[PDB]
Amino acid sequence: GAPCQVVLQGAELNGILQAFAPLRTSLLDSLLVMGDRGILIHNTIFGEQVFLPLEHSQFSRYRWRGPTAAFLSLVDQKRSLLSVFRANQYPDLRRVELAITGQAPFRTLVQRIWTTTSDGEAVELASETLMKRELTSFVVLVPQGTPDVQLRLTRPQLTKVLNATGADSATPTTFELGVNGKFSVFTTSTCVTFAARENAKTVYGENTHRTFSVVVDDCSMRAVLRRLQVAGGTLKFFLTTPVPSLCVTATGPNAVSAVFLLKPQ
Amino acid sequence: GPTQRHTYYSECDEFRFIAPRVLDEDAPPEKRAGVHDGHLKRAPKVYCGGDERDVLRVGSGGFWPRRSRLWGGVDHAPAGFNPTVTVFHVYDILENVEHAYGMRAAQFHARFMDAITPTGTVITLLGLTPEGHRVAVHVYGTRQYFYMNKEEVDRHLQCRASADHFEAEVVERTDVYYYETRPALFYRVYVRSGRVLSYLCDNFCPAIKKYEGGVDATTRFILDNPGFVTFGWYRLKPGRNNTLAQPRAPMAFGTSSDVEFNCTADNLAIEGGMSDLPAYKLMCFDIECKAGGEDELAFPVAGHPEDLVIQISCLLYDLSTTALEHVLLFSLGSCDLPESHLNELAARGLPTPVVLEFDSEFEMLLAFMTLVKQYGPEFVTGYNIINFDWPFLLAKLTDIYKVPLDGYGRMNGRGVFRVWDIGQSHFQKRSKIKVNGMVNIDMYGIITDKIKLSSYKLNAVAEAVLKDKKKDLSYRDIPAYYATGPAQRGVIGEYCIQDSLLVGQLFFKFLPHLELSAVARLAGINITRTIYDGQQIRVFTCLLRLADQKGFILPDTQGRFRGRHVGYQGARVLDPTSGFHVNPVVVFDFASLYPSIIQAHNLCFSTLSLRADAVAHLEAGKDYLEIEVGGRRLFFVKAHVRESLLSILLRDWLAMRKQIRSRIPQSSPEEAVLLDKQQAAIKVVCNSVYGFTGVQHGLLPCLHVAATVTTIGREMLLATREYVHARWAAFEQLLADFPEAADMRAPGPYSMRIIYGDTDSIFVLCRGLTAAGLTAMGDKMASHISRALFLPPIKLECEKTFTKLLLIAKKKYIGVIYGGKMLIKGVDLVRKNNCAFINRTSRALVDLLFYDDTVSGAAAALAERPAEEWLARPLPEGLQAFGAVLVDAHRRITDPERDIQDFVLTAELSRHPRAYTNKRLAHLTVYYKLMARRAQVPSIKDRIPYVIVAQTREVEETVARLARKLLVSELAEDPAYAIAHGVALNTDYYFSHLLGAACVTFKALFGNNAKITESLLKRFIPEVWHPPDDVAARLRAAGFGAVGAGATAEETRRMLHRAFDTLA
DNA sequence: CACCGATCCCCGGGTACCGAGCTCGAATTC
DNA sequence: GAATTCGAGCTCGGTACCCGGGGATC
Ligand SMILES: Nc1nc2c(ncn2COCCOP(=O)(O)OP(=O)(O)OP(=O)(O)O)c(=O)[nH]1
Ligand SMILES: [Mg+2]
Ligand SMILES: [Mg+2]
Ligand SMILES: [Mg+2]
Ligand SMILES: [Mg+2]
């Protein structure tokens, strides 16, 4: 059909609808970098870099032909290509088609909507079909390589880890990992710690023996993880870089990630 | 000797030597800054080349021409001068009180002394003879008067009948406001010493109604003697019994004229048969000024004794033959005009510059004022001479040098040499200037109402009007030039001379004196009142002539007198059927609409009857119109009962406009353009008759007549719309009325629907007819409608025929006239606001829409959808070229070369900047930034160029110092500054306003939804964003690879693969 | 002292909601 | 006793007027 065709009917739209379900308007004024391997939705929250990979396996049919494409999600700067995938924006949706049609520097994406009716047919709400144009020059700086050590957390665990973190330039935090798993997030007037094994007292992680002490400058790390309203997941550290980075990736059906820049040792 | 002491400097032996120190060649290298000052005792000297002579010594030689006969009493004419004078063009009429005790020695006849016995007012007719002689005829007689109602004054001030300056008589006039009004008995109260009436009209018994107490003595002279004009040939006549003109003796000369007479109105005749204009002289001067203070990059200020005039260009044309006769250059200090400039002058046939050198500023200005008195140019011009040049010079001459200017005009003393500026008077619409017997036609004001430019600087006007690329000297480069030797002062002298030559070229392209003089002849006002005192005195004087003939009198109302509100209901503007109309759109419109209503329906003050008793003895429909105006029933009796006065008034002016238009088809294109502007000026004087009725707290208003004019206008517009819709609704009825419609039936379904209208026009969207002979049939359509509906002077006429029209909004539309030109009507391409960049790109866009087919097809296709349906599906592929222009402008606005003259917005100051209530305007910001920097502060109706400078930390803190998103009135620099300091422009603003102009015009393509248009126009633009500086660095430190611009597609795809696995 | 009219569109600045978000902690739910 | 919609409660832009002013058009 369309030279790039990305089809999300229902029974996969409920997966993606669950991904945007964590209760966010946040990732609306974003940028979608579509291409092979899927759509990547990158946005900046408080100054931090948030990502949502959407693999090609997460659409009913994904076909992409040509160079990577970048769309502002904000269609016409009021509506948004992703406002469709909110929880209850459009109650009765059944299918969404994301067709890109054009020639590499100047492409356009169309997004169609189809809302449910009775007796097996679908109303195309043509008042609300959206058409956006590829950005046609851009650069985004995406996270790279592999983690050296990742630690998986849970919802209350990550909530208390965020609670430990500071408020202002008064309070730098510190994600020290000692020898044998004593992963710990402290500040002057707060400390949290836990053990990492590869009943209730077992977080999981990988390559935990690689001790470190990264140190966080920015208070925003708390705020970001609540804006996203993240429910816990992997906490991956990158230390083979001049400026170390911690990514934090929600462990649910979706992959919304947020990378924060750590100061050295 | 002289009976009237001469108040111009004929002699000086001591004055105030101000002069720069950089003129002093033998003086140490740093004893150069500042100026000299302080008294010096020597007669003021002028150095012309090698020679020198005193400025005020007329004698044998002379460095500038002289047309004066007297000079401080000595009679410098060749002996035996006694020219006979039989015909004498008159260009200005002065009036001045003259006391018979002052003229004991003037040796008049009896019949002038008895006309001034304590005092009289004397009407001086200034002029030329066919032989170049400056005449001055003094018309004795001619006393002002007003009327007061006999009974009203008799009861309000018991009457049973020095005290003889107020001679009175019982006349039988009738008031001009109503048809029911009866001729009462009035007293005609002859004032002399006219000023005294100004007290006795505001102050003597203010509960009586004075009738014509505002009518000056000149108007009594012009009107009381039928035929007389304020500008035209005259002739001395034998007189009532035989009384003759009494040629004065040179000591009794009141003006600087060659010959003078003492006539009365019976010794003068109008002398038609001469039409041509005599040998009158035109001065076209231009001063150049230096600032001599601590900051000599400040703009000169006349009050500061060290901010001095340095140069005065002065060209001396002949007004009739248009020949530049003299090129004078006054110069403080040595001035050697460049040989390149001298040779360009000699090449063009122009006289050689006579550069006059002076030591002191006083000597220069005294020599200029001595030239102005000696040469005595009847007409002066220049560019902005009323806001800068004459105010600078007179400020110098009166504050700094204490020179009386009352004698430097055409009278030898006690004359007016005043300049007036708007200066928060809140009624003055212009800055005036009145030198007596000298007609100052500032070409600035002549050009601002003859051409639409954003900037009216003389370089911009020279390029736009003469197509003459002049080079401008900034007032900032005059210190640096003047400080160097005489050659650089000569370079300044070149730029001064070239300024005045350009202004002479403008004057002789437009010839304002001729057009203005036609208006002054027809109105009854002198030519200086024509230049300056508005439209109401024209109408009032013409109406006063009519009234006084018909036996009426015009009551005085302002004696009983000292936003955006309206006095009555104006005109109907039908709702446009907005859109791109690719079918023919015939524009009918009434010719001289409101004048034709005033004549057709006989509207006046004298024909209105507010009460139905005055017409209780006249038939309805046959003898009087009856109209509900403002909810009030009004009866306007028809002619054959009483002719309107506004009708005959309008006859004269409509004949003038029609004769000017009857010379357009037979003229060159560049002179047809001037003729178009002249007939538009007479159109304005015709519509000001209507406007004069409806001016509240104006001279002689009647908002009943004004509201009737507009009321009948609205009924005529609707009557025309219903006639077109009813009669020609089907094509067969069009074919029955005009059989030539058979060969105009285009294939489609016919219709003829008015799609817009305005005060008079109606835009008939003729579907199914071809545009070819639609104007040929439109003349017949219009004649048919004018015959079926309206009374004879009313005349609907097919004005245009658009093959394409973009009815944007009510007073906005664009359209290409048939087979022909583009007509742009109020869509911001024709507006003085914008910057040349946006105007240029918007014009490119409308040319695409209209001229480029395949964008007109795409645009006409845009209307098959409601606007919002275009938001989803792509615009038809013809609009692609329409977006290339926008894209190009986006590109072209960011590219860093950007001479910022393309980005200069303007706005007119238009009132004292403290008279604003909303004081946060961009041009007001720049006005105060200019006054802060000692720059050239604009004047109340100037246009204030400004750029919108980029939001930078520096500008922000500067604004808070003089005191998120700053307003565009705080990012409001002026372009000279923003070039000097390379502050960079607000690209965000300028592109948002480019799209704003595109959106305002082309929302008509998208069902007039500005938002849908805005969205669809920003779709063309290539969006780009980069992770900002100081951020991509630290992200690149973290091994973040880039995906996008700076890499091959395989690297971007691959590193996204890596990122998707990492970020997973 | 000075002096044509009205209509009308756009745009900038200024105000007032208004709701749509999120957030915050405090009860309600395992 | 750890979690947790819920409901005030705020902020942050729209969106709607709305008034002055520029400056058109009749
Ligand atoms: N007081 C006043 N009223 C004016 C003014 N301008 C318009 N009107 C109103 O217009 C009436 C008819 O419009 P036009 O002048 O185009 O048509 P016209 O006068 O009938 O002349 P033509 O239609 O023949 O060009 C004006 O300056 N002052
Ligand atoms: Mg000049
Ligand atoms: Mg000037
Ligand atoms: Mg007309
Ligand atoms: Mg008209």
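First the proteins, then the strands, lettered A, B, ... as listed; each starts at 1. Counting starts at 1 for both ligands and their atoms, in listed order.
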Q: Among vorasidenib, finasteride, padsevonil, acyclovir triphosphate, which drug or drug candidate sits at ligand 1?
A: acyclovir triphosphate
Q: Main binding partner of acyclovir triphosphate in this structure, as named by the PDB entry?
A: DNA polymerase
Q: Enumerate the other chains with heavy atoms less than 4.0 Å from acyclovir triphosphate.
A: B, C, D
Q: Hey, could you tell me which residues sit within 4.0 Å of acyclovir triphosphate? Heavy atoms only, please.
A: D589(B), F590(B), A591(B), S592(B), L593(B), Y594(B), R657(B), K683(B), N687(B), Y690(B), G691(B), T759(B), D760(B), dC4(C), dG5(C), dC26(D)
Q: Which of the numbered atoms in acyclovir triphosphate are under 4.0 angstrom from any heavy atom belonging to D589(B)?
A: 23 (O)
Q: Looking only at distances, please establish whether an N/O atom of acyclovir triphosphate is found under 3.5 Å from an N/O atom of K683(B).
A: yes
Q: What name does the entry use when describing DNA chain C?
A: template DNA (50-MER)
Q: Check each atom of acyclovir triphosphate against the heavy atoms of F590(B) and keep those under 4.0 Å away; list them by number with element.
A: 20 (O), 23 (O)
Q: Could you tell me, atom by atom, which parts of acyclovir triphosphate come under 4.0 Å of a heavy atom of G691(B)?
A: 1 (N)
Q: Looking only at N/O atoms, are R661(B) and acyclovir triphosphate under 3.5 Å apart anywhere?
A: no
Q: Go through acyclovir triphosphate atom by atom and flag the ones less than 4.0 Å from a non-hydrogen atom of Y690(B).
A: 1 (N), 2 (C), 3 (N)
